[PDB]
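Overview of a structure with lobeline.
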Amino acid sequence: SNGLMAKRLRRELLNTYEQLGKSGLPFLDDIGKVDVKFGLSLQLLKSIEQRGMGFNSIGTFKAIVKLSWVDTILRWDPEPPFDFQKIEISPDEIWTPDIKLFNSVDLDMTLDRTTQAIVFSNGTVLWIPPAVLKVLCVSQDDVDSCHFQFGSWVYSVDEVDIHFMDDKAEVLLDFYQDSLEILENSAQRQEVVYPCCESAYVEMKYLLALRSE
Amino acid sequence: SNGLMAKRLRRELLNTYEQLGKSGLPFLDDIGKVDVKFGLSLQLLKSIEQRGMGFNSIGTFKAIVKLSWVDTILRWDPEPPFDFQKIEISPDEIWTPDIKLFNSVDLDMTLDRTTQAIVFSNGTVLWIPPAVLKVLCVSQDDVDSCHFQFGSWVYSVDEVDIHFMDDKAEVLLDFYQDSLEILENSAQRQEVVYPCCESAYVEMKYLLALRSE
Amino acid sequence: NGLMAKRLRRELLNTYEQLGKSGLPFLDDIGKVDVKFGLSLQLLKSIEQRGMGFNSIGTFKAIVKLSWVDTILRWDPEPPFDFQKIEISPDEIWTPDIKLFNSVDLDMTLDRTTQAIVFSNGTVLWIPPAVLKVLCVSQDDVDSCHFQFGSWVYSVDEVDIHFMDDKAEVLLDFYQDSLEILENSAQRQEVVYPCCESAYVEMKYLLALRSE
Amino acid sequence: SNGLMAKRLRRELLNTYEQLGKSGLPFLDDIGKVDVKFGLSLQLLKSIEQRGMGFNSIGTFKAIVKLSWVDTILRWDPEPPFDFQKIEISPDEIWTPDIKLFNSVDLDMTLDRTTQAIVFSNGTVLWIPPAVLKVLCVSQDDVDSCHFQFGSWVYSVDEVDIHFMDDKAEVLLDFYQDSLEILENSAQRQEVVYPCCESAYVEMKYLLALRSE
Amino acid sequence: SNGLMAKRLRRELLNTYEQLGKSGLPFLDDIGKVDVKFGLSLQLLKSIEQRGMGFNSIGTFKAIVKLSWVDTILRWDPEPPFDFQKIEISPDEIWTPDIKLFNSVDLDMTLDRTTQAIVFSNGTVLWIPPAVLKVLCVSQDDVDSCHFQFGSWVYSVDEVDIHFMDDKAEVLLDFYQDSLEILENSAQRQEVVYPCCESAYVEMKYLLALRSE
Ligand SMILES: *[C@@H]1O[C@H](CO)[C@@H](O[C@@H]2O[C@H](CO)[C@@H](O[C@@H]3O[C@H](CO)[C@@H](O)[C@H](O[C@H]4O[C@H](CO)[C@@H](O)[C@H](O)[C@@H]4O)[C@@H]3O)[C@H](O)[C@H]2NC(C)=O)[C@H](O)[C@H]1NC(C)=O
Ligand SMILES: *[C@@H]1O[C@H](CO)[C@@H](O[C@@H]2O[C@H](CO)[C@@H](O[C@@H]3O[C@H](CO)[C@@H](O)[C@H](O[C@H]4O[C@H](CO)[C@@H](O)[C@H](O)[C@@H]4O)[C@@H]3O)[C@H](O)[C@H]2NC(C)=O)[C@H](O)[C@H]1NC(C)=O
Ligand SMILES: *[C@@H]1O[C@H](CO)[C@@H](O[C@@H]2O[C@H](CO)[C@@H](O[C@@H]3O[C@H](CO)[C@@H](O)[C@H](O[C@H]4O[C@H](CO)[C@@H](O)[C@H](O)[C@@H]4O)[C@@H]3O)[C@H](O)[C@H]2NC(C)=O)[C@H](O)[C@H]1NC(C)=O
Ligand SMILES: *[C@@H]1O[C@H](CO)[C@@H](O[C@@H]2O[C@H](CO)[C@@H](O[C@@H]3O[C@H](CO)[C@@H](O)[C@H](O[C@H]4O[C@H](CO)[C@@H](O)[C@H](O)[C@@H]4O)[C@@H]3O)[C@H](O)[C@H]2NC(C)=O)[C@H](O)[C@H]1NC(C)=O
Ligand SMILES: *[C@@H]1O[C@H](CO)[C@@H](O[C@@H]2O[C@H](CO)[C@@H](O)[C@H](O)[C@H]2NC(C)=O)[C@H](O)[C@H]1NC(C)=O
Ligand SMILES: CN1[C@@H](CC(=O)c2ccccc2)CCC[C@H]1C[C@H](O)c1ccccc1
Ligand SMILES: CN1[C@@H](CC(=O)c2ccccc2)CCC[C@H]1C[C@H](O)c1ccccc1
Ligand SMILES: CN1[C@@H](CC(=O)c2ccccc2)CCC[C@H]1C[C@H](O)c1ccccc1
Ligand SMILES: CN1[C@@H](CC(=O)c2ccccc2)CCC[C@H]1C[C@H](O)c1ccccc1
Ligand SMILES: CN1[C@@H](CC(=O)c2ccccc2)CCC[C@H]1C[C@H](O)c1ccccc1
């Protein structure tokens, strides 16, 4: 259709978020559970720097994080004059899951939020930003072992669920471009109880071990 | 019970802040005293780096800070159509305590202010952001000793009070993930008078000592 | 007239202010944008060995050249709007989401304060300074580095990319360094990614430098 | 007398700044001379790093800067319902002196501009932000000697004057927490003519010498 | 004569820029040529670091850049009640020359854009921001040789012209505070043709050589 109508479609969809704010689960009727599909694709190691004279180190990684979830506020009927299958939207203009790298040595991993998300007419959002992750590794016997723990900061399992995208319970290596040998690569979804709260939080925990250089 | 109603509730609660601004103690009626509950949870040590050739060092820590206080502006009756016991709100849309790390070697500790706070119907706010803390430690005889001093920057004890969350006067280790041995761990609340002002300011002072690597 | 120029800009940008900058730059039928892309190397900031292995982080200063057609920004160049071109800030218009895929950081950085020039026919030419950081191979006194550029979310049906002036190599028009260039080639390829059926256009540059 | 009236007071005072902007000397009526009271309190040294192999070094300091001046735009009569002796305001919502660290090795010192200023009913503003200062020091014979030159960037002495807070011509040690021996500590106010301008500029020049570690 | 009237004048001057935007040469009638006077004042060297094991180095400098030009939009008759001969204005609220350091090893030199410009009633603007400049130098034979190339990014000589301030074709030493011996100091204004464009661009090229430490 018209490129005009595509922009108008975006503005109409975003009007709700502009008027009501981006905070809160993406439901206007019965509040349901958001199931977020999550993938972590490793590209390369930036650095691994021993901490002091001990066996630990700070591992800084370049990755691409993949996230998808359904936002019912962003649905539209794909017929004229809005006969579009999808539209691109800035992630800072919509609700996004507050999934953080809990064990970051910094505040959190950093995502490139200038990267656009794509929303399909059925409300499915797919957002695949580049990411920098910094964690505390153990460096022993020429092996560097690092873990990554992801979960929603404030939403428990009855509010935000998380599952591995495409059921792939592993660091994805589709974009891997480094020379380092991968020695261990596994991941687990677990529901973990925190002191704050009655309901468990979903943790996606990845274990990655690389041969030291 | 509707998601729409939760979003409208938030907008109604935040209208006061939007109209009149976030600045000023969080009271509709006679300005009283905010009682902040404060907790510090150590996750890990990013780095400890000797300053020059002396016995001092810059210690950089990853922690989670727990903050709770009452905002009487954010109160509502949990009855239909606003039958919600709590809601999530961005901390940058409401008043938050100006609690700073006084002895930071930088301007202040940094908190992840993208982290959402939860507000309960009685106005209780609970906000638990990740934090990075950089302080000057003493590194002597296989021990690294660091202190952390927290307090409201501008509000005296008659305006903002602070007490240890759950009355635990210590660094909390519920999220501790590092391999360092903790040799000392204590904290104390004191009211301190400074040259600027007649009224005292509340200081939460934590002392932490770790076995060196 | 100066006033007419500012008003022309405001008229042209009114669409973007009202509808937003997102979405392919078409007002009528949505076609394909064809971005012309150029990379001009100015200098190496640093190349730092990673650990004790044969890789290094290479940090480069370059100038990126981008041109495309935005049909929303067209005007008839007749009085009082008798202007062949105007200057516009890149953050006021759509710009292609071309990223350095293999950056060791989130992305390359471009100086987005640099103004773009838009001609009356809607052609935008924007030539920002850039800093690029990639993982190189440093072995046998040769530092080998690659750069992969492409639209992040738009496939070849939406955003295509071709070398500016058909020159499939790092441009040396602004080269101001002492390092000897041992290899300098580039390729346009359409690559299929896991996410999507339609291929994505990758501009891949190979650069090798004599080590210092 | 209530929290709502305090915010309405703030909104009324700030209306002038919102409608007309923060630029310009802070006078409601005739433009007079601002007299800034200035204090510098050294907390600690973050680092001192030799430059090359010479006698100079980059000294990076954590300090607290104290600033007071009068803003006649922000005056009110403390009579009910605006019976407040003071209110807190963000420094980015009002005029603040453009006092910069002239000899910074970076663009300028950095101040924590999230810290609130306090404005009293007579228009006196007191703002005491933490600060990070980085200057070029001389490091010779076991002594590190550093200087700090502060002054308004664009306002001459007939527009913005500066004097030492409490008339103390020295680096204040009220907040000093470091283990370094202070060997020299002095300050002097002088009026200095720069080539740009007929009228002189007020320079607050502090000299600090510390024993090397 | 009064503080509120000075703000009203600024608001009226800036109205054009707020309504029409800051982009485009500062003319409302016939579009002419802007003549920028440019001065570079070296204060000190932050660092000079050898690149690898070769003969080049990264030189990081603190300077003050002096810029003057005429903005015919910001003119006014200095008569009551706008009897002000100059006003201070934020450089982010008016057109400024897009003069960049072409050979910066970073994206560009950085200027402190919080620093106010002063506009005189005849439209002459004078803006003198602190600056940090990072360039690639040659370090050989105990001499560090560095060059600085400045010019407007998008405007050719027909649109923006540049000349040395006070006719001095050299790095100005009016603010020089460093101990380094300056062995070479010269500068040249040249019209350089670029591949993009028919009209030439004005380059101000400075040559500076220092004795190594
Ligand atoms: C406003 O609403 C909020 C949320 O509903 C509410 O906060 C909650 O209060 C309960 C009960 O006071 C807290 O439960 C406590 O948790 C801690 C740690 O788990 C315990 O130490 C407490 O133990 C009790 O027994 C102690 C000794 O006998 C007593 O000294 C103490 O007072 C306790 O009764 C207790 O289990 C809970 O932590 C919060 N929950 C949250 C999420 O905030 C608050 O009470 C309401 N405020 C008002 C003013 O009504
Ligand atoms: C929108 O309008 C703009 C402005 O008019 C327009 O930009 C112009 O494009 C033309 C044509 O591409 C440019 O003219 C050419 O520049 C190239 C430089 O590489 C020359 O090679 C061309 O010379 C010819 O002869 C060459 C061999 O000797 C041939 O290889 C070539 O095919 C040419 O026939 C020719 O001079 C012109 O420089 C710009 N103008 C400006 C001001 O930048 C743009 O093309 C329009 N956009 C679209 C999509 O049409
Ligand atoms: C505008 O309002 C401000 C804020 O109220 C006001 O500044 C304050 O002035 C008071 C009174 O001068 C100051 O309070 C004094 O501080 C000194 C030093 O600490 C004390 O010595 C004083 O105590 C007494 O003893 C003195 C000597 O014996 C007596 O001379 C005096 O009368 C006292 O009995 C006293 O507490 C206060 O420090 C400042 N506060 C600030 C933040 O500036 C200012 O004066 C007002 N300006 C105008 C023009 O009215
Ligand atoms: C637009 O207005 C601005 C601001 O007023 C104006 O710039 C200023 O011009 C004045 C006066 O022309 C300059 O002041 C002079 O500077 C020089 C060198 O420092 C001195 O020689 C001058 O001293 C006097 O004595 C001279 C004989 O020795 C006389 O010939 C001379 O007239 C003087 O009486 C005098 O101090 C000043 O440098 C600038 N200031 C700035 C910030 O630019 C500008 O000229 C006006 N533009 C136009 C086109 O009218
Ligand atoms: C929402 O719509 C999208 C687009 O149709 C659905 O995703 C595509 O589904 C097809 C058929 O299974 C797959 O081959 C594609 O891989 C999907 N496209 C993309 C871009 O991923 C999506 O499944 C729908 N969501 C729901 C919840 O039904
Ligand atoms: C549990 N959550 C926070 C919860 C909160 O802020 C909160 C909860 C309830 C009310 C107010 C605030 C507290 C701090 C820890 C954090 C953990 C993260 O979920 C998480 C869970 C599982 C894997 C990775 C990350
Ligand atoms: C006391 N406070 C500031 C007070 C102020 O800005 C202020 C006060 C009154 C008026 C105007 C400004 C001045 C600088 C020190 C700071 C200290 C912090 O409170 C604090 C106290 C205890 C532990 C941690 C932090
Ligand atoms: C393929 N693209 C993203 C596509 C996407 O986000 C997306 C697509 C469809 C829906 C939602 C999101 C996924 C992550 C990889 C990225 C790669 C980049 O294009 C690219 C291609 C070629 C050279 C350089 C860069
Ligand atoms: C003098 N001032 C600037 C003045 C200006 O921008 C200016 C003035 C008038 C018109 C246009 C610009 C020029 C550059 C130096 C700077 C110095 C600072 O004041 C200062 C003075 C004393 C101690 C510390 C700092
Ligand atoms: C020439 N200029 C840019 C011109 C442009 O963006 C442009 C021009 C015309 C249309 C669209 C974009 C291209 C990249 C190089 C740059 C150089 C700078 O002028 C300059 C010249 C002399 C000294 C310092 C700086």
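In what follows, chains carry the letters A, B, and so on, assigned in the order in which the sequence lines appear, proteins first and then strands, with residues in each chain numbered from 1. We read in the header that X-ray crystallography, 1.9 Å was used to get this structure. Atom set for the values below is all heavy atoms of this structure, side chains included, hydrogens, waters and symmetry mates excluded. Just follow the structure's listing: the first ligand is 1, and inside any ligand the first atom is 1.
Every copy of lobeline included, the relevant parts of the model are ligands 6, 7, 8, 9 and 10.
Of the chains near lobeline (ligand 10), the one making the most contacts is recorded in the PDB entry as achbp.
Other chains, heavy atom under 4.0 Å from lobeline (ligand 10): C, E. Less than 4.0 angstrom separates some heavy atom of C/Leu125 from each of these atoms of lobeline (ligand 10): 10 (C), 11 (C), 12 (C).
Heavy-atom contacts of E/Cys197 reach the following atoms of lobeline (ligand 10): 8 (C), 9 (C) (cutoff under 4.0 Å).
At a 4.0 Å heavy-atom cut-off, lobeline (ligand 10) touches E/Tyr194 through the side chain alone. Summarising the contacts of atom 18 (C) of lobeline (ligand 10) with E/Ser156, E/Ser152, E/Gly151, the nearest heavy atom is found in E/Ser152. Under 4.0 Å from lobeline (ligand 10), the heavy atoms of E/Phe150 that appear belong solely to its backbone.
Of the protein's non-hydrogen atoms, the one nearest atom 7 (C) of lobeline (ligand 10) is C/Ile127 CD1, 3.9 Å.
The nearest heavy-atom contact from the protein to atom 25 (C) of lobeline (ligand 10) is E/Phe102 CB, 3.6 Å. Among all non-hydrogen protein atoms, the one lying nearest atom 3 (C) of lobeline (ligand 10) is E/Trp153 O, 3.2 Å. Measured on heavy atoms with a 4.0 Å cut-off, the binding site of lobeline (ligand 10) is C/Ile117, C/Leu125, C/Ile127, C/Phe174, E/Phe102, E/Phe150, E/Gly151, E/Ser152, E/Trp153, E/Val154, E/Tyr194, E/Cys196, E/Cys197, E/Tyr201, E/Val202, E/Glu203.
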Report each N/O pair between lobeline (ligand 10) and the protein that falls under 3.5 Å, naming both atoms.
unit_1: lobeline (ligand 10); atom_1: 2 (N); unit_2: E/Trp153; atom_2: O; d: 3.0
unit_1: lobeline (ligand 10); atom_1: 19 (O); unit_2: E/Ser152; atom_2: O; d: 2.7
unit_1: lobeline (ligand 10); atom_1: 19 (O); unit_2: E/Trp153; atom_2: O; d: 3.1

